[PDB]
Amino acid sequence: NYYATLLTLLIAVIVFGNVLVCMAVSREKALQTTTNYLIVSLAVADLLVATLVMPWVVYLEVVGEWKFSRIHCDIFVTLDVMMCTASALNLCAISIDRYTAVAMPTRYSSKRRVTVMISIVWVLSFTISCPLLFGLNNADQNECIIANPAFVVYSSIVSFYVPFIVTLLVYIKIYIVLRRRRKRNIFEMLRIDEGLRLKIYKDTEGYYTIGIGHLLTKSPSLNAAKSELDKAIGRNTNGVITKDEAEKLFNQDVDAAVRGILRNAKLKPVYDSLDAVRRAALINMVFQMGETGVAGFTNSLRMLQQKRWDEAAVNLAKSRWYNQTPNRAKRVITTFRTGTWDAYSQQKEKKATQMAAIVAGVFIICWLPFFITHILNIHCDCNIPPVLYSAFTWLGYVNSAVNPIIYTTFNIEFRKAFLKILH
Ligand SMILES: Cc1nc2n(c(=O)c1CCN1CCC(c3noc4cc(F)ccc34)CC1)CCCC2
Ligand SMILES: CCCCCCCC/C=C\CCCCCCCC(=O)O
């Protein structure tokens with residue numbers, strides 16, 4: 001047949017791509033991390049799908065019927081559920097290892113942590129699929145387990161929806177931490193450049209300000225400038241505030257600065273194109289020069305928009321801004337060029353955390369239409385086009401071959417590693 005050939009071709013792609021993932025991590029220094037060890041554990045889960053499950057699936061297409069015995073069927077379904085649950089439980093362990101790398105501060109303590117995580121993945125996958133060999137410990141005596149009306153509920157909830165929610169809660173907790181970091185990094189970036197003042201003072205235009213460039217009022221009365229300060233800090237500040245109280249005010253000024261940047265037709269385009277780190281450098285400039293002045297760097301802003309980080313740095317050093325405050329300018333131009341916090345303190349893990357979430361998302365993209373279909377079989381009893389049911393099942397098995405394709409795109413170390421193995 002034609003569809004059986006494609007399935008066998010898929011088996012080759014699954015094996016070819018995932019054998020690469022194993023050898024690459026096994027032989028490349030910069031690829032020998034905790035996450036990458038859980039990645040090869042993920043590659044083994046997919047390697048076993050190609051070898052212990054797909055032969056049953058390609059057989060299932062040539063024959064056109066489930067012409068196994070009842071024990072062969074139970075074995076196949078048990079292995080199919082297990083090797084796919086290991087993929088889900090591996091993506092869960094990957095997120096958790098991604099949480100500890102971001103949220104927590106050893107070459108020996110970490111390796112022991114990976115060994116425990118991997119063992120839990122495969123022992124749990126076994127214990128979850130082991131009931132399927134024995135009638136799901138339910139009432140289905142003389143029939144295969146996939147004929148059990150409770151199999152769909154079991155493998156959906158236990159093997160998929162519960163790993164789905166837990167992993168989703170971890171990544172949400174991960175995003176929240178990274179967003180607190182960006183709000184903290186920008187505060188430090190400007191208390192180094194602009195300066196943190198805890199008592200009321202006058203800016204260069206005569207207005208009473210406090211914190212990091214926060215005009216209390218444009219009124220000349222000092223007593224009135226204190227009224228607006230206490231109405232915003234909540235307490236009788238008496239002129240002095242905490243560095244924490246000033247950090248709350250700074251975040252308000254930053255958010256306000258973004259509402260205007262996006263409402264500025266000359267700054268909104270480049271602002272979208274910018275990485276989050278380079279986006280803080282643009283906020284630094286509007287904090288110093290205002291949105292009016294930054295919009296005058298048209299030749300430079302287009303180069304940031306065109307990813308020309310080299311030239312955008314060379315042009316910005318030819319401005320009257322670089323000549324007026326050169327120390328701060330060189331620090332911000334460095335941030336526009338490198339895209340990190342080297343000038344001020346940059347986490348090198350974010351790139352790996354973004355790839356881990358992309359793999360988890362592609363996973364959900366591939367299997368969710370399959371489990372959405374199950375919900376429809378139960379809801380309306382409408383018999384679904386078997387070509388569609390067969391498609392969403394194959395799409396889920398296809399997921400076993402997409403992960404190595406993602407490592408070549410989003411990871412320079414994985415991409416250059418594979419090309420060295422093929423040469
Ligand atoms: C062979 C077959 N053939 C057909 N259909 C089938 O459902 C099947 C079986 C499909 N297996 C897909 C993976 C499932 C699974 N279990 O646990 C998991 C955990 C995960 F994270 C992700 C997936 C799973 C268990 C069922 C439907 C009718 C068309 C022909
Ligand atoms: C021993 C070194 C580890 C240091 C970081 C801690 C690692 C994770 C610690 C505890 C994991 C919590 C147990 C997870 C329970 C989830 C069960 C569930 O929600 O269904």
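Starting from 1, each residue takes its place in the sequence as its number. Counting convention: from 1, in listed order, for ligands and their atoms alike. Per deposition record, X-ray crystallography, 2.9 Å.
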Task: Identity of drug at ligand 1, options risperidone, varespladib, cefazolin - done: risperidone
TODO: Look up in the PDB entry the name of the chain with the most contacts to risperidone.
DONE: D(2) dopamine receptor, endolysin chimera
Open item on the list: I'd love to know the UniProt transmembrane segments of chain A, N terminus first, that have a heavy atom less than 4.0 Å from risperidone.
Closed with: 3, 5, 6, 7
